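Structure note - WIN 51711 present.
Chain A is the first sequence line, chain B the second, and so forth, proteins listed ahead of strands; every chain is numbered from 1. Excerpt of entry shown; contacts counted in excerpt. When a ligand or atom number is given, it counts from 1 through the structure's own listing order.
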Amino acid sequence: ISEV
Amino acid sequence: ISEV
Amino acid sequence: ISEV
Amino acid sequence: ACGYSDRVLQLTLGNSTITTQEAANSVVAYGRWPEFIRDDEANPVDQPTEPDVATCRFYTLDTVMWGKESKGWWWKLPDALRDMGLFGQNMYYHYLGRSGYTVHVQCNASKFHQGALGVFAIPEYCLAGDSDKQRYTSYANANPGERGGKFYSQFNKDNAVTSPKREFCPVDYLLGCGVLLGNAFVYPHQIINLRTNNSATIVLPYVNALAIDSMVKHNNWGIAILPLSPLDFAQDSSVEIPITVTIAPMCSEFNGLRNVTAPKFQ
Amino acid sequence: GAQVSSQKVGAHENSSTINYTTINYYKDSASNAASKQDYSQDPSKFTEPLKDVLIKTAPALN
Amino acid sequence: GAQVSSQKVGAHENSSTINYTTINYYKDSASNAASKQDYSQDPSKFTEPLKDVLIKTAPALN
Amino acid sequence: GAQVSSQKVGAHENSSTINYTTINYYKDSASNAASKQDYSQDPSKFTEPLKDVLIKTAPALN
Amino acid sequence: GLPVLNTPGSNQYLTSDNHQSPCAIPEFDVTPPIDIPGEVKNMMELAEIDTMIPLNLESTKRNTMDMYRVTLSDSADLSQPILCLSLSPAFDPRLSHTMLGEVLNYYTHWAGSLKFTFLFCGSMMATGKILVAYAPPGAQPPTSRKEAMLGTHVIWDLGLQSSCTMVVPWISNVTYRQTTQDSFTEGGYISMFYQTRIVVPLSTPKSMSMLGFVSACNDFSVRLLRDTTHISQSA
Amino acid sequence: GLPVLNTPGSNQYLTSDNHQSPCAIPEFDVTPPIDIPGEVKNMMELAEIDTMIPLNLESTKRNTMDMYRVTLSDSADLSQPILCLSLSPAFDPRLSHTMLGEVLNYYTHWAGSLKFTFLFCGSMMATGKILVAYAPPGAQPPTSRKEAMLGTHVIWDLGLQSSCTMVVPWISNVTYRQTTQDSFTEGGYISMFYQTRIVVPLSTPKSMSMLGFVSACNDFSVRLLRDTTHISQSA
Amino acid sequence: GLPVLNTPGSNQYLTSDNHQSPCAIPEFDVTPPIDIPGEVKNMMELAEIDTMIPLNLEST
Amino acid sequence: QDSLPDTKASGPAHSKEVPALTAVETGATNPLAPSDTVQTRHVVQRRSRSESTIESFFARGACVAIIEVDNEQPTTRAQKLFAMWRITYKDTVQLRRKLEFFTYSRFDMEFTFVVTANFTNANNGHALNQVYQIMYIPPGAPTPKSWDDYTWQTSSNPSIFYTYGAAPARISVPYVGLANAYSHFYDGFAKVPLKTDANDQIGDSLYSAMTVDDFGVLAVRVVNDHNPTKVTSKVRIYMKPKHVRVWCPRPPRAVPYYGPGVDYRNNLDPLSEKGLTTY
Amino acid sequence: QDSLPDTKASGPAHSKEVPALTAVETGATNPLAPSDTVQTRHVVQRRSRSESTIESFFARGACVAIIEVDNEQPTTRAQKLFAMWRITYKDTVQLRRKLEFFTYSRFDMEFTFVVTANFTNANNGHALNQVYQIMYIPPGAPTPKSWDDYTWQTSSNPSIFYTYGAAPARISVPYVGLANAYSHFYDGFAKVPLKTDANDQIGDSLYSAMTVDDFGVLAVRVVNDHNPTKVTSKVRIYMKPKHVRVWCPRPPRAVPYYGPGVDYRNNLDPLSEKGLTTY
Amino acid sequence: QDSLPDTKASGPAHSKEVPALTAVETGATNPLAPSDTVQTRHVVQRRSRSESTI
Ligand SMILES: Cc1cc(CCCCCCCOc2ccc(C3=NCCO3)cc2)on1
Ligand SMILES: Cc1cc(CCCCCCCOc2ccc(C3=NCCO3)cc2)on1
Ligand SMILES: *C(=O)CCCCCCCCCCCCC
Ligand SMILES: *C(=O)CCCCCCCCCCCCC
Ligand SMILES: *C(=O)CCCCCCCCCCCCC
């Protein structure tokens, strides 16, 4: 995933 | 998760 | 995830 | 230690001191002492005026008389103080003003007198009116100043449709606003039961949906005094004792300076 | 980004801690359902707004 | 928060242990489906409520 | 491939940082919703297009 | 296209439900909170505040300031009850409109201990001893102090501490009682009597008012939210 | 918007289904359990409890206390059966309404061993030997002790231990029999005969009752839940 | 077939909404950007520019 | 593993141990297996009681009520423009009898609503799709006098807005009893007559009834204004216990039900005629 | 863990500590427990205030408005081909009274729309399914004069296109107040009369009213062109506060509401008649 | 973080720096804040231009  |  |  | 008591208090603000040998402790509304607007809750950008000792001091209002037919008295804040020394001037020269208050209600009688006063501090005390006409109470009538207003035992509808009085019609057991008086105790309050105490002391924080507002357009707090139990003495059917209200502004600050507001009170 | 919490189980089947899962789909927090895990506070600011709060076993007036 | 369990497989295809997955979506446990994994117990509180429970090979009355 | 970000929470329930999740389902970026996390810039190319930009406390003309 | 199957409940609208929905005004700059005094986290906080009981709902006293005033006197019939009242916090006419009564009228079930506080509004020269009581349900409602003495009770001595509090302890069969009137979930009886009598000196008033207050002890709770009979609207 | 495709079964309502659904009363404070005695985890626990067989459904004895009483006597015709009964636990009129019979009437299929317990309610001075039997299906139903002897049987001697138990062992072709009457899944025959005879002394009753009981051995099970013919309702 | 339940709001059209939708012209070769002068990121940038007030709105 | 016990290989016996003999006067049931009275082989048992578990026995949606409601022009005589049903499992017999195998119970409850409608009269034009409101009114709350008065504002009562043609409506309810378990049987009264009572009406109650309104009511109406032509609808309510626990077993109801209590009136002859020595 | 305090085992007393005595003149409520005045046992308390939390008290969709709109042939007299509603919780009484237990509030707001329709006249043929437009018009925006004029282009205003028969429409709204909290009560005016004013109309305002348009309006229309036969529809609006916070408690409204302010007119007799010494 | 600039506490002035004076002939807009011409308090600014983004 990509957590920003 | 919970594996039973 | 966030487990509370 | 030494000899101190809940009943004996001294209040000192500015050049004014109050003493009382018969108090019933004292109340801080909602557990919040009055304070100034914090930088992180601030909204007008201009440097405020804080007059301090010249405005935050004890202004005593005109005495009212409590008798066997007295149904109750009410005041609105800051309105009761609009003409009180430099507080009044600061209030009218500025668009914005916020202030907390120490309210001290005074009523002494004697060990043989009887009666109980309910002293209530109400946030946003909207009152009911005269008419078939809704929300029609005029500015001049909504704001009696120092003089305050009164309650009534029942609703007398102002009938004269041609020249309406545009006044409130505050019915006592309805707290003048459509609810029951018995429940007014959820508001910050004290009781002056004459066998117990001379006076009531309530400290009010600034309460509003905004950090600051127009004092001329809007009252923050309403003071309601009702006889929870009627005055009585020996057997004299026409007893009469004084009630004196003394109020002090606290942590007063003002924004938006310009020319003075002159409201039309006629 | 899934959120996992325990349910307060009322009536138990003849089968311990049971959970449920929540995922916000929208950017605006206004769009969100209610968490309903709400903390409580003291009535004291209403029941005891006194400057000198006194202990119940001692005289209210002294 | 997904829950994973084995199914008791009855008729088997010509293809071992097979599972299924469950996720509670709601806060209230009342909203939940039935787990149906139910444990059993002894009939004894009904079939033998005796103060002195006796062994079947010995005399009931003695 | 899930994307997780914090929401700017306005009105808070009586329950901290809250997130939401996003997943693109289509190959064409045209199909995508708006991220709405938009950066800002200086008005200067419009408010001060001067070759010699001057400090506000000093004379505009000198 | 993920293969899905619509279950029962699909496309319904439950008033009680808790779901996400699209925001009609996106990216709105919300006004931040400021610390306003008086914040409430739970309705029961309000039921724990003492509010004044309309104890006197007699024909000419009800819907009048006098409905809050019970008269005590040095010449009252000492065999008689000062007041009698049912323990029905949401239903009994004297309790149903107090702040406790009002919150409970938005719920179907209540449970917990209650406390009644009485205020003597007489002159300081006035003395007297009063018995106030609570009888749990099931027997004859008390008509005499002799019977009332036998249940839960406080003997109030008048003096510098103006007020007395009688706690009505949670004594019930069911875990939660109904907010409506019902013999199966009934709460019992409250009553008041003269232990001695009001005694005054000469040149003093022989008659005076007593005020009553009610609130919830900290073990009190309510459940099953419902609409109240205390407000309505015509066509 | 996740691309989905609705499968068959969509928007149907299956009475047997097992799905989640929205709670109509959110955050309700549920009354906790207390440890009540007598908890049941499975319907078969009830079928393992001995209940009394209505063995005598003759014209004037049925729907009467006597339907539970079989008469034994010292002068009975010893060639004749004391009683004859079909092994149809949910269907045979004598078995179908016992607690075993009742639970089985909510299911379509049964399997396992059964046990019949008989109680001699005669005087203590009374003696006798009885043969009780079970014939698996397929042959002529026993009319004589000679034939009954050849199958599964218990020779009961009366005495201080009042009661005798005959276990009917699971002997079947199919893995599960039907709860209804059906020759393809039939259970066989139960019968009772005098091995010797009831003998009493003088000044004693020559005639007495026998009571019968039935329950399930621990290997017993049921499947396919269904509605019972034993309850109904008019328009 | 994943068991789903349709919530309120289902099949509505909100003008303010923010959702994905199928691309009608797949694999289209898009013309790349070039650096044009004068780009705006926010409407307030325009309100910070001095514009001339119509101060005199008298009849003529 | 939930299978039943394997049968043990059992041989001949000549002993002083007598499992076949017993005394049912004790209150106990003889714990016998076939191996105690007959020669048995070894069987590896695979059968299971999975379907007779309390949950599995009740895990089925039962019809407990049929509510009829009309949508037509509001006239001035008695009409069904809205209807009210007292929540109960007792207007129906089937589920009632299953629940009554036990004295006490505790469970969450699932409500499923099947709604059907039809035209009453041959023809006055037609009707557009109807939305139905099902309002729960807990004991104490204001009950409607009119199909569209203020109570239907439902600000605190739970309500379902069902659109006709959609899949049947479904909600779940917690264990909402005032006690620690639901009482399927109550041997007693809600009031006691006292010697000191004025009339002897004051202390009179219904035997075995507990609270007057038990769980409140469901108020059903058609939210649409009426068409020219009349539409009649019926709401069928299906009830399923879930997360079930039960206490103290009872004999099943053997004769027909006669109202809400254990009362019987007739058909007290449940059993057939069968000859003693007739197979 | 949200359970209430356990009851403590309390014994006999003979002391100078007197919790039963107090003085309510102070403004405070006596903090007493049963153990302070009676002998008590130890109870392990499992009950909880979960359902009386501010969120749980308001977590319910209340009916705040009924908007009626027609689809018929555009004639030249006053018609309902479109309608407008001023957004308010005050045309209805139920939610209004719940919100009014408090002076100030802050919350996000969920709007759910139930739309119903019917045929007006016995018969002129029928109608095809209607699409409804619900346009929000914030204070300042152009208001429609006609059911299909340019305003309905809704380029910047938020709009819902509801198809009849679909599940009820639902949207969420942020906390949109101009202040830091919504004022359920405003003791004051929006204008002040000044001595220097020309007429004394100039400084006249409504008591307790704040901004003239408060939150703007909802404009509802049927997007379809008219059928031969007329169809009447009603949009019911359900409002739910969520992520709720409240300040300064108030006594509940005890007499009937008389318009938007605290004004009363009649039925000022809320309380029943009951004898002082009558249980 | 997308909030606008905090207002700085600004005092009295008696100086040769004159931000109030300028020349719009240049083409530029005067970059002034209230603190440049009036005495201001410190405000911690939480407002944002989120809704006026293109
Ligand atoms: C006696 C007895 C009774 C029972 C069953 C008790 C079930 C109690 C349920 C009480 C609440 O029922 C509701 C039904 C429907 C709804 C509903 N809300 C929105 C529309 O439907 C709410 C509550 O078990 N023993
Ligand atoms: C006074 C007072 C008022 C309140 C409630 C305030 C809620 C304010 C909401 C304002 C916006 O309302 C909208 C309603 C509907 C829509 C809508 N957009 C598309 C169709 O519906 C948009 C905004 O609390 N106190
Ligand atoms: C955190 O959320 C990462 C895990 C995500 C698991 C899959 C979620 C499927 C639902 C995504 C919803 C996207 C809505 C815009
Ligand atoms: C534990 O559940 C973490 C993993 C979650 C996987 C994605 C689940 C997608 C469904 C989420 C349902 C949310 C319902 C409110
Ligand atoms: C990254 O996305 C890996 C995690 C995916 C989690 C499950 C997502 C379920 C939705 C998949 C949508 C596919 C659409 C073509």
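Taking every instance into account, the structure holds WIN 51711 at ligands 1 and 2. Going by contact count, the macromolecule most engaged with WIN 51711 (ligand 1) is what the PDB entry calls poliovirus type 3 (subunit VP1). Lab note - other chains with heavy atoms under 4.0 Å from WIN 51711 (ligand 1): I, K. Within 4.0 Å of WIN 51711 (ligand 1) on heavy-atom distance sit the residues I/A24, K/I87, K/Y89, K/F107, K/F111, K/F113, K/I134, K/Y136, K/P158, K/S159, K/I160, K/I171, K/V173, K/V176, K/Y182, K/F215, K/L218. Lab note: per PDB, source of chain K = Poliovirus type 3 (strains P3/LEON/37 AND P3/LEON 12A[1]B). The PDB record for this entry identifies chain I as poliovirus type 3 (subunit VP3).
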